[PDB]
S.K.: 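Quick one: this structure, given as structure tokens, is what I'll be asking you about.
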Amino acid sequence: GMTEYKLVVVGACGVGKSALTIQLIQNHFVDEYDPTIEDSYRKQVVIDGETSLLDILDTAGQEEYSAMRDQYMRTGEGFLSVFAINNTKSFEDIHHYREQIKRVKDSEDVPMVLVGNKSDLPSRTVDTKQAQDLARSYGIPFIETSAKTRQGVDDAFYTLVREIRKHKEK
Ligand SMILES: *CCC(=O)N1CCN(c2nc(OC[C@@H]3CCCN3C)nc3c(F)c(-c4nc(N)cc(C)c4C(F)(F)F)c(Cl)cc23)[C@@H](C)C1
Ligand SMILES: Nc1nc2c(ncn2[C@@H]2O[C@H](COP(=O)(O)OP(=O)(O)O)[C@@H](O)[C@H]2O)c(=O)[nH]1
Ligand SMILES: [Mg+2]
């Protein structure tokens, strides 16, 4: 059989949401992707032996708190909270995205995964230990990724699918 998953990639401008989603979907790195383009991208993959249709929302629109916007974001079954390891502000911004997800879901148990992207760059400003401690504080997994080299990309999205699955079995 198969299961579909609405996954949502969030995080500050430029952390690599689009590059991560395109790597997952098409298996290459897109270095210039219009920062304004918001769209969903589909991938079929087997995860732990079950066909999984991933419907991935790559967010990009202006910060907006309308009923329509809240209701759309609520459709996400799981969220990737993406920051870039050479951008400490994107790391601090993670709490804002977690908070907003919690708000529209009116739940403290939303499937989420913390993703530290750009792990191929030497210019790291976010300690891996710090990022691990943050995810532990949320009770969610942490995965270091590079959309450029594809390191950890499968692990990040598949972990999120697994978190949704567990939240179901619960
Ligand atoms: C380069 C353009 C780009 O990638 N984006 C990404 C989306 N986005 C954005 N930004 C913010 O906040 C920007 C900063 C941090 C806090 C102060 N502010 C100035 N917040 C966003 C969101 F909260 C959401 C969002 N919106 C609603 N209504 C509900 C939910 C659950 C969310 C969430 F993302 F958390 F899922 C969105 Cl969709 C996008 C946000 C810009 C940086 C533009
Ligand atoms: N070195 C490196 N650059 C990346 C990586 N992911 C994204 N980028 C670059 O970072 C910038 C923003 O990426 P983009 O996907 O547009 O970010 P978004 O605004 O979160 O969608 C672009 O210059 C990308 O080429 C990565 O893993 N490594
Ligand atoms: Mg983008």
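If you read the sequence from its start, that first residue is 1, and numbering goes on from there. All values below were derived from every heavy atom in this structure, side-chain atoms included, with hydrogens, water molecules and symmetry-related copies excluded. Remember, it's 1-based here, ligands and their atoms both numbered in the order they're listed.
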S.K.: Specify the drug or drug candidate modeled at ligand 1.
M.R.: divarasib (bound form)
S.K.: What name does UniProt give to the macromolecule most in contact with divarasib (bound form)?
M.R.: GTPase KRas, N-terminally processed
S.K.: With a cut-off of 4.0 Å, which atoms of divarasib (bound form) are near a heavy atom of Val104?
M.R.: 29 (C), 31 (C)
S.K.: Closest by any non-hydrogen atom to atom 23 (F) of divarasib (bound form): pick that one out of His96, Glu99, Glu63.
M.R.: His96
S.K.: Within a distance under 4.0 Å of any heavy atom of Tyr65, pick out the atoms of divarasib (bound form) and give their elements.
M.R.: 20 (N), 23 (F), 28 (N)
S.K.: Quick one: which divarasib (bound form) atoms are inside 4.0 Å of a heavy atom on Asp70?
M.R.: 27 (C), 28 (N), 29 (C)
S.K.: I'd like to know what other ligands and ions lie under 4.0 Å from divarasib (bound form), if any.
M.R.: ligand 2 (guanosine-5'-diphosphate)
S.K.: To which of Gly16, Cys13, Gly61 does the heavy atom nearest atom 2 (C) of divarasib (bound form) belong?
M.R.: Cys13
S.K.: Check divarasib (bound form) against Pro35 and write out every atom of the ligand that is under 4.0 Å from a heavy-atom position of the residue.
M.R.: 1 (C), 2 (C)
S.K.: Please confirm whether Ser18 comes under 4.0 Å of divarasib (bound form), counting heavy atoms of the residue only.
M.R.: no
S.K.: Decide whether an N or O pair under 3.5 Å exists between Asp93 and divarasib (bound form).
M.R.: no
S.K.: I need the atoms of divarasib (bound form) closer than 4.0 Å to a non-hydrogen atom of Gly11, numbered in the order shown.
M.R.: 6 (C)
S.K.: List divarasib (bound form) atoms under 4.0 Å from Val10, heavy atoms only on the residue side.
M.R.: 34 (F), 36 (F)
S.K.: Tell me the contacting part of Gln100 for divarasib (bound form): side chain, backbone, both, or neither, using a 4.0 Å heavy-atom threshold, strictly below.
M.R.: both
S.K.: Measuring from non-hydrogen atoms of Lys17 to any atom of divarasib (bound form), is the shortest distance under 4.0 Å?
M.R.: yes
S.K.: Is there a heavy atom in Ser66 that sits closer than 4.0 Å to divarasib (bound form)?
M.R.: no
S.K.: Is there a covalent bond from divarasib (bound form) in this model? If yes, I'd love the residue and atom.
M.R.: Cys13 SG
S.K.: Okay, next thing: residues with a heavy atom within 4.0 Å of divarasib (bound form) - which are they?
M.R.: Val10, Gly11, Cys13, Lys17, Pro35, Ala60, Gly61, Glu63, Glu64, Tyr65, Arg69, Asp70, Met73, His96, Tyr97, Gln100, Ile101, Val104
